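Bound state: 5-hydroxytryptamine receptor 1A + ulotaront.
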Amino acid sequence: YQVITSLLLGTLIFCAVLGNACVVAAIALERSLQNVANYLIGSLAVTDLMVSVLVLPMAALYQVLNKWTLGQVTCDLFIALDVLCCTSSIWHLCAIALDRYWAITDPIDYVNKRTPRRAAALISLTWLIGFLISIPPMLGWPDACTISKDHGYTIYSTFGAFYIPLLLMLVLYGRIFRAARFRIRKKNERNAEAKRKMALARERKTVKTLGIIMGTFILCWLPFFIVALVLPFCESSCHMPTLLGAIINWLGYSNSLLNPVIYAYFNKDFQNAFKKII
Amino acid sequence: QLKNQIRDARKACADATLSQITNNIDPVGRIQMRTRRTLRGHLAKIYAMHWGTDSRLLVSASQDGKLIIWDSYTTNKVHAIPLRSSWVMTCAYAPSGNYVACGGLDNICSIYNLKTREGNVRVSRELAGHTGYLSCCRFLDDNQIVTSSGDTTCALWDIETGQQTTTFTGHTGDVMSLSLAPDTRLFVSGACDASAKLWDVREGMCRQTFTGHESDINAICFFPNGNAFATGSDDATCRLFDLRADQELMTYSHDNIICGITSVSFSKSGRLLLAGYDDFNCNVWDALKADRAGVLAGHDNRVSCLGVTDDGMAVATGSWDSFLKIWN
Amino acid sequence: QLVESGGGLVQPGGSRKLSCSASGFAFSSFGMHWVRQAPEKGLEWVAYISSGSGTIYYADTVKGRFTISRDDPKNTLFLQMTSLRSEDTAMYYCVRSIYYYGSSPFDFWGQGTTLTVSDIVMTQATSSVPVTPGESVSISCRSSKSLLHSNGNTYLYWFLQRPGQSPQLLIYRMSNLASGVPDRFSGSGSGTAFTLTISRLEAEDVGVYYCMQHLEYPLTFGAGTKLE
Amino acid sequence: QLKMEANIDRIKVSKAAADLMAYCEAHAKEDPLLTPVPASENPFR
Amino acid sequence: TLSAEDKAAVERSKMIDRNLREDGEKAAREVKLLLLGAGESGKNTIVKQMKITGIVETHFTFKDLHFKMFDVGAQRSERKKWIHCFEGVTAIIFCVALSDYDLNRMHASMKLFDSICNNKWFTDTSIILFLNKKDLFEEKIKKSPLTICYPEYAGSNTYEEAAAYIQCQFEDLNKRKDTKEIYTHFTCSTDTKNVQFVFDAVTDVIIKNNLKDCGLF
Ligand SMILES: CC(C)CCC[C@@H](C)[C@H]1CC[C@H]2[C@@H]3CC=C4C[C@@H](O)CC[C@]4(C)[C@H]3CC[C@]12C
Ligand SMILES: CC(C)CCC[C@@H](C)[C@H]1CC[C@H]2[C@@H]3CC=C4C[C@@H](O)CC[C@]4(C)[C@H]3CC[C@]12C
Ligand SMILES: CC(C)CCC[C@@H](C)[C@H]1CC[C@H]2[C@@H]3CC=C4C[C@@H](O)CC[C@]4(C)[C@H]3CC[C@]12C
Ligand SMILES: CC(C)CCC[C@@H](C)[C@H]1CC[C@H]2[C@@H]3CC=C4C[C@@H](O)CC[C@]4(C)[C@H]3CC[C@]12C
Ligand SMILES: CC(C)CCC[C@@H](C)[C@H]1CC[C@H]2[C@@H]3CC=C4C[C@@H](O)CC[C@]4(C)[C@H]3CC[C@]12C
Ligand SMILES: CCCCCCCCCCCCCCCC(=O)O
Ligand SMILES: CNC[C@@H]1OCCc2ccsc21
């Protein structure tokens with residue numbers, strides 16, 4: 001049993017580290033990838049890399065051994081790092097969404113006022129939110145590692161880490177969907193047919209892109225945070241299996257792998273840069 | 001009619017090709033030049049650069065409205081001159097180092113004084129009179145300068161008076177490049193009519209016309225001894241012409257080179273011919289045998305200008321990448 | 001031109017602000033120095049402020065008491081002097097200085113303003129040298145440390161202070177001749193020993209010749225050799 | 001202009017090639033790019 | 001950089017870099033437009049209402065957005081040898097006179113439009129097409145038929161039909177409709193209309209470029 005799970009978790013961690021490192025290296029190697037949007041994407045990749053380096057190996061060790069062997073101090077350190085980095089990744093997604101919304105709806109701001117200071121401020125805000133959500137358990141709170149079950153704290157952390165960013169991402173990308181739809185819909189009958197076909201293709205592209213983004217976010221994180229919210233309030237009856245809990249928890253961790261796939265490798269500029277480097 | 005006479009004379013004087021005569025000398029071998037300095041700070045495409053006669057300072061003009069003077073040894077920026085027109089297509093460096101010049105889609109040529117008592121670079125004079133974009137400019141003295149433009153004419157200017165003492169005419173298209181002879185008594189020009197002409201600065205009339213290119217000649221350079229020059233055109237080939245023989249001596253082309261040449265230069269001894277390409281590569285050519293000795297592949301967008309120091313120590317290559325690399 | 005003001009009688013332990021109004025050049029591009037000269041002694045470097053005020057240096061004998069600042073929009077240079085001692089009594093000059101490859105620092109000196117409070121050692125061999133017009137003269141200098149740097153520049157400077165006039169740069173970096181200096185003057189030397197040679201001396205060359213090193217920041221001067 | 005260009009004195013191509021070869025050989029030692037200049041005297045390394 | 005005045009040179013270089021970066025930031029906030037068209041196309045009135053010896057540069061601000069318009073048509077030199085200098089302009093403004101049936105001259109304008117639009121440098125650059133002098137065109141069409149310029153034109157000799165025909169002929173020249181768009185405006189005497197159309201076209205260009213970057217276009 002231990003062999004297969006250890007191999008799979010090692011493969012997951014290796015792929016996460018490799019992908020995030022490739023994204024960070026590409027942003028630095030090529031000069032065409034250095035801009036505000038790519039700064040935000042690179043910051044997200046760095047956060048995912050730190051997740052894969054600091055949090056994922058300890059979590060995988062815990063999962064394979066089925067018990068925590070590194071003591072209480074290491075348990076607290078692991079919990080703090082996990083919460084901080086996961087919250088930072090989620091809010092990095094949120095900040096990318098906000099930047100895209102501003103770029104798509106406010107072109108005068110895009111031309112006149114958009115500067116890398118914006119990216120720096122957004123990254124600072126994401127890390128600030130992560131630190132704010134990670135600190136409480138270490139301040140105001142040995143065979144197993146488990147985060148605080150306090151009702152107030154679970155509500156606070158879940159809402160500040162997933163549900164609030166979930167709502168803001170949904171709203172911002174709905175407005176972006178409306179803007180894109182408005183821009184798309186805004187012997188010559190052959191040309192009219194061609195225009196209609198092009199508009200329909202662009203609408204399908206918009207739907208596919210928003211679906212990929214939001215669906216990856218939801219599939220990776222929603223089950224974990226639903227479980228986190230409901231379990232402490234109903235532990236007396238929610239005796240869910242350890243297998244399902246582990247699967248959900250590693251669905252949450254897997255977002256570190258998928259984030260680069262969505263935001264850099266699917267990006268035309270990034271893949272062109274990768275081909276150029278190789 | 002005289003075209004037939006010229007062709008007959010040229011074929012009569014053509015007995016042996018340069019390649020056959022040069023088969024008796026050993027090849028240069030691999031020329032692995034490596035980037036010693038990367039001069040960065042231009043925020044747009046670099047269109048021209050020139051070395052100082054001290055072989056340490058160089059000036060590069062770009063379309064961000066600035067032409068910068070670098071200390072190539074330390075990469076320090078000695079000066080950064082703002083331009084009234086940001087469409088600068090060329091730049092020059094006076095032999096004495098006192099002045100620099102530039103021009104572009106504004107048909108004027110601006111001359112800047114670097115040694116002003118006030119501590120700042122001032123526009124010494126603006127030379128107007130061309131009716132087309134300025135393609136090239138080269139100082140003869142601190143008081144004389146020869147320029148070429150898309151007007152299809154070149155002109156020699158008296159900077160003090162500000163009027164063109166001599167006007168050179170005869171090209172059927174835009175004049176794209178120009179090179180002064182080592183003694184500055186003759187110069188050659190390449191034009192979009194796929195021909196090059198040798199001009200007498202003193203007399204002000206054309207001496208010889210060299211043909212053979214299939215497209216616009218973008219770059220031209222004099223062989224160090226002053227009795228030959230190399231042209232680079234859009235047909236993806238460089239060519240070497242000899243003034244005395246009035247003939248083509250050797251063409252530098254390769255099958256996998258399918259883009260035009262933007263720059264041309266020679267090494268101090270004249271053994272290596274260096275040429276920039278739209279393939280964002282500079283190919284070093286064994287000038288005597290046409291073999292490609294090396295490739296200076298370090299640029300991304302396009303190599304638009306390159307030059308070799310008077311010392312022969314290094315070769316700089318500007319590019320649309322907005323960086324200059326110094327190879328040695 | 002540089003015009004200085006702010007000198008005069010001062011009681012010991014007081015304070016005074018010396019100012020220099022710079023006109024006729026791009027003050028913002030030049031680094032500015034303050035150089036003083038006791039009433040009958042040689043020159044002494046005081047302080048330096050670079051272009052953009054990014055770097056400031058002080059003499060060990062003024063550090064903490066003297067403050068140097070710029071007003072680029074108004075093209076005015078200031079020197080705040082506090083706890084003035086009796087030894088601070090000296091004529092104060094403001095010296096233009098721009099640093100880039102091939103520049104000539106210390107080229108233009110101000111007229112000075114008198115204040116009256118009521119290290120590479122460099123020695124000049126001779127104090128006075130009798131001479132008449134038409135002769136060839138050589139002024140000798142020596143430094144405790146080699147002024148030749150790894151980059152090949154020998155940072156020696158020669159200044160001529162004619163009687164009743166502010167010093168004017170003659171030679172910079174031991175070989176180069178400052179613009180406007182007659183071709184009579186030529187500088188040479190190597191390492192720690194240098195000389196200044198005047199060919200076909202004229203009556204206008206009468207004065208005191210000062211040597212200065214610019215290898216290190218204290219900017220030591222020589223004692224000064226007089227021709228008469 | 002052909003009236004004057006047609007009457008220019010011309011030399012053999014072989015002589016021109018020989019002159020170019022002679023110039024290249026005479027100044028071969030004076031070309032830092034052609035020869036492997038040591039790092040001691042190379043101003044950029 | 002180990003001597004007194006070899007460090008001041010480095011400080012000077014750092015200051016120069018600072019100024020260059022500031023100037024580059026300042027120049028990246030200005031929308032750059034390329035103005036093209038024949039001499040009789042009405043470019044002069046367009047420029048005059050914007051602002052109200054080779055390249056001519058025009059600066060004007062409309063609703064917080066700075067425009068720089070480069071009137072290159074002053075020089076007869078070969079176009080392919082300097083057109084790449086304008087790679088990266090936000091949009092191209094093309095001026096055409098609907099009264100160009102004198103020399104036809106409409107054919108020359110169409111050839112120039114085809115040459116510019118399908119250029120390899122302007123693959124992504126959109127075109128803001130101005131069809132100027134519609135009043136004199138309306139006088140001409142009454143005086144003379146459009147068949148003098150378009151024999152294949154079978155429609156009626158009226159403003160609407162002829163103007164629509166001209167617009168369709170000009171918009172049919174771009175071979176890369178999947179990449180760029182053409183914004184056609186029949187210039188009106190009211191000055192504000194032309195600047196408003198330029199602003200709208202540039203705003204749409206910027207928005208659609210951002211949508212492309214996000215992967216939504
Ligand atoms: C597409 C990728 C990135 C994500 C989807 C697959 C992920 C979530 C899969 C791949 C391998 C999986 C692990 C493989 C083995 C085990 C051991 C088992 O006793 C509990 C579940 C656990 C720990 C799995 C959790 C989920 C997991 C990490
Ligand atoms: C989950 C662990 C244990 C095993 C699998 C790890 C690696 C190989 C997985 C995880 C995420 C995966 C990627 C997720 C999504 C896509 C997009 C699809 O259109 C092509 C394949 C591609 C690009 C996948 C390739 C394989 C991949 C990189
Ligand atoms: C904790 C583990 C995962 C290590 C994380 C190290 C991170 C923070 C490292 C790896 C690569 C680094 C980058 C490498 C190169 C540059 C370019 C430079 O001009 C600014 C700093 C910057 C952008 C670095 C920032 C820090 C960086 C992103
Ligand atoms: C153009 C100039 C101004 C560059 C600006 C780059 C800024 C906006 C971006 C690029 C990549 C970013 C860094 C990427 C990685 C991390 C590691 C993390 O633990 C702290 C934040 C930090 C250090 C980020 C700070 C902001 C950052 C440096
Ligand atoms: C952690 C891993 C296992 C989760 C992976 C979930 C991904 C692959 C899912 C979730 C949402 C999905 C998308 C939802 C909606 C659409 C729009 C439709 O017109 C095309 C398919 C497309 C674009 C789907 C593709 C697959 C998708 C992106
Ligand atoms: C497991 C940790 C992985 C960390 C990966 C970090 C990769 C950093 C690469 C830096 C490349 C710097 C290139 C600079 C080029 C330039 O001069 O612009
Ligand atoms: C999968 N680990 C995520 C981490 O697990 C502890 C609780 C919490 C709140 C935000 S993130 C997070």
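In what follows, every chain begins at residue 1, and chains take the letters A, B, ... in the order their sequences are listed. Counting starts at 1 for both ligands and their atoms, following the listed order. Below, all heavy atoms of this structure are taken into account, side chains as well, without hydrogens, waters or symmetry copies. How was it done? The header gives electron microscopy, 3.0 Å.
- The parts of the structure that belong to ulotaront are ligand 7.
- Other chains reaching under 4.0 Å from ulotaront with at least one heavy atom: A.
- Checking heavy atoms within less than 4.0 Å of ulotaront, the transmembrane segments of chain A hit, in UniProt's N-terminal numbering, are 3, 5, 6.
- Looking at UniProt's serotonin binders in chain A, a heavy atom closer than 4.0 Å to ulotaront shows up in A/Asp82, A/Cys86.
- Around ulotaront, within 4.0 Å by heavy-atom distance, are found A/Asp82, A/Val83, A/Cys86, A/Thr87, A/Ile147, A/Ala161, A/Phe224, A/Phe225.
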